Amino acid sequence: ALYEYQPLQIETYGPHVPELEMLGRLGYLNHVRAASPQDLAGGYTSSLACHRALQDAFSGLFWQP
Amino acid sequence: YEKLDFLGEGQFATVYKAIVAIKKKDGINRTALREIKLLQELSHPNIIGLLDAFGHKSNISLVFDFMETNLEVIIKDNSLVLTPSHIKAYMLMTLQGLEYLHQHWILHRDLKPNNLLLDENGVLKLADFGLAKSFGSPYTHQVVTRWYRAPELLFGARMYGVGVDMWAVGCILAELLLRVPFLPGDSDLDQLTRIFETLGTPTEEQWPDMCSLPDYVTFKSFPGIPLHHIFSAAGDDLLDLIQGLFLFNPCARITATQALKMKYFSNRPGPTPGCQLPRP
Amino acid sequence: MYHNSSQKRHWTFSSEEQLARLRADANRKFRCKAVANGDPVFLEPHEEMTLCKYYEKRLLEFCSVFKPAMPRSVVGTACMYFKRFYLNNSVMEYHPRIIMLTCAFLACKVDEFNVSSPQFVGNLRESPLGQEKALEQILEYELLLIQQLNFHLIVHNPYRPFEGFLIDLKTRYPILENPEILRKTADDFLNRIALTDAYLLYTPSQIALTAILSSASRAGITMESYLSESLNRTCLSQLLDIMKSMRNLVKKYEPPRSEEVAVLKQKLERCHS
Ligand SMILES: CC(C)c1cnn2c(NCc3ccccc3)cc(NC[C@H]3CCNC[C@@H]3O)nc12
């Protein structure tokens, strides 16, 4: 009856995307626009933008219709 | 589709029971277009599914799975007790729906007990996607019912993230433990005052960039009531979850995946099976 | 996300032969309905494709000077709407001009580019009576356009994949110095890929990567190691074959000629009148 976390299993048909918490220390955030402090007040970070851009770049790259 | 019953009337449309629920110059209404465009690209057991859409002239009708009730009817009901297991089950269904939604970069932005519809088999789905918007591109702060609006939104946040949903989730969690709205403000100022008089007035250490919000004004400091005093009968894991959901810093506030990975859901007891959830 | 979108499922096709089959089916269905209604006035499917390409260019020109400034996402969505509509419908039933204006209207609304109807129809270079008439036609055809799209309104463009690929190249490919050089020329290639049928045949990530690699090859730079190392030999061969098909599609494309388009325009007006 105990719940157990299992991550969502969604096939992307493309290369693996590095996780959000690892983008800064891998050098990705060095090539994206830095969030202004007003953005940071509301919870906006450049990590989200970089993550979404990479996920779009890698989504369905090895898929054939 | 043969109509069976009248279900309700909304600001933008009207819902009848056909078994499905059918919801019916600028042109086609933009809320309907938004619901159509967002519910077609999603498929999760905890998100309301759009079955088919059709209309006439400048009006359209959307077909949805029929929903027996919502969380607000359960909360306001007085003949049913809400055990910790039921609260955990509702919380789990809400958080898995929200995790799937956030993974696809969508903010619901209208989370409240009425927008959390419940199947006849005890399955919870997030509904009313008329305010939902995709997030993650470098918005209006007048979103979310005021009783569930986050302090960043009340302070005039333009760009935000999943936190504006999570705060509402926290509010909903509170409404499940006390059976009454947690922070029932009348205006933006009153809502902020109640937030600060219950949870304290955050400093710069709890929120490094408070004073950067355009609608931010300085409030007097408050000795916020301790959460174990507010939620007396709750447990330590539940208190940690509440503290994570009600953190003033939106970046530090727990996400849906982080909340699902907390010990509150893993600890005994397990969530109540959907077929055994209470029915009004 | 694209990898579970409706565009991948219902609007990506295995071959352009199937696309031609759908267009011919539409043309012959209109012909049968017309002859049932009670000839040299009809148009062949290749002529319909010529007119469709001409009016896709017209939609591009309409969106390029639109005020307030229209984001690239709205334009791409409108053009994909036009292509999807005229896959299963004929230009001799629904006029392409009203259809492209309705495509722009619906794209603006769906993309969350909030613009009111009066300022949208003020962008048309017509008289106020003509603008009101155009608005009326657009409002008439909005629901029909939505129905012909099967209520699939979210369109995945290659612009965000392009940005993500550039970020990844800046981070993980130090062999290529200044990846931003590729931004311009690859952009050009993207434009050309928009004019062909590739938007219905492939994925946005593949289009973006094809544009980037074509720009690099034109610049005199190889990025095979990017695909092999940074990015399975069978998978690599599949990707290279997809890229080759992309380049062949862009090479074989021919713009519509002025005289042919004028003849087709008078013929189409005769069909509508
Ligand atoms: C349109 C779709 C999401 C839907 C499916 N079932 N259902 C029901 N069922 C009747 C009901 C609901 C809640 C409590 C008692 C009875 C009512 C209803 N009312 C329309 C709005 C009202 C405000 N809250 C969200 C609802 O969708 N919308 C729907």
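The lettering of chains (A, B, ...) simply tracks the order of the sequence lines. Chain A is numbered as in the PDB entry, which gives 244-308 for the residues shown. The residue numbers of chain B are those assigned by the PDB entry, with the residues present covering 12-29, 37-42, 52-165, 169-310 sequentially. Using the PDB entry numbers, chain C covers 1-38, 44-236, 241-282, in order. Header lists the method as electron microscopy, 2.6 Å. Numbering of ligands and ligand atoms starts at 1, following listing order.
- Here the macromolecule with the greatest number of atom pairs within 4.5 Å of ligand 1 is listed in the PDB entry as Cyclin-dependent kinase 7.
- The option from latanoprost acid, tegoprazan, prazosin, samuraciclib that is found at ligand 1 is samuraciclib.
- Other chains contributing a heavy atom less than 4.0 Å from an atom of samuraciclib: B.
- The binding site of samuraciclib (heavy atoms under 4.0 Å) is made of B:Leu18, B:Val26, B:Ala39, B:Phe91, B:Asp92, B:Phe93, B:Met94, B:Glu95, B:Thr96, B:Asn97, B:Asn142, B:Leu144, B:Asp155.
- The protein atom (non-hydrogen) at minimum distance from atom 8 (C) of samuraciclib is B:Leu18 CD1, 3.6 Å.
- Among all protein heavy atoms, the one lying closest to atom 3 (C) of samuraciclib is B:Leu144 CD1, 3.6 Å.
- Ranking protein heavy atoms by distance to atom 9 (N) of samuraciclib, first place goes to B:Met94 O, 2.9 Å.
- When the UniProt ATP-binding residues of chain B are filtered for a heavy atom under 4.0 Å from samuraciclib, what remains is B:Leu18, B:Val26.
- Short contacts between samuraciclib and B:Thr96, defined as distances under 4.0 Å to a heavy atom of the residue, involve ligand atoms 13 (C), 14 (C).
- Most residues of chain B that touch samuraciclib lie in the UniProt domain Protein kinase.
- If you check which protein heavy atom lies closest to atom 4 (C) of samuraciclib, you get B:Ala39 CB, 3.8 Å.
- Looking at samuraciclib, you won't find any N or O of B:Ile75 less than 3.5 Å from one of its N or O atoms.
- Protein heavy atom closest to atom 1 (C) of samuraciclib, with residue, atom name and distance, is B:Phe91 CD1, 3.7 Å.
- Annotation: atom 15 (C) of samuraciclib to nearest protein heavy atom, B:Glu95 O, 3.6 Å.
- The PDB header gives the source organism of chain B as Homo sapiens.
- Taking every non-hydrogen atom of B:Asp92 and a distance limit under 4.0 Å, the qualifying atoms of samuraciclib come out as 5 (C).
- The protein atom (non-hydrogen) at minimum distance from atom 23 (C) of samuraciclib is B:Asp155 OD2, 4.5 Å.
- Heavy atoms only, to 1 Å: the UniProt active-site residue in chain B nearest to samuraciclib comes out as B:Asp137, 8 Å.
- Given atom 18 (C) of samuraciclib, the protein heavy atom at minimum distance is B:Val26 CG1, 4.1 Å.
- Within the 4.0 Å cut-off (strictly below), no protein heavy atom is located near atom 26 (C) of samuraciclib.
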List, for samuraciclib, each N/O atom that has a protein N/O partner under 3.5 Å away, with both atom names and the distance.
from: samuraciclib; atom 1: 6 (N); to: B:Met94; atom 2: N; distance (Å): 3.0
from: samuraciclib; atom 1: 9 (N); to: B:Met94; atom 2: O; distance (Å): 2.9

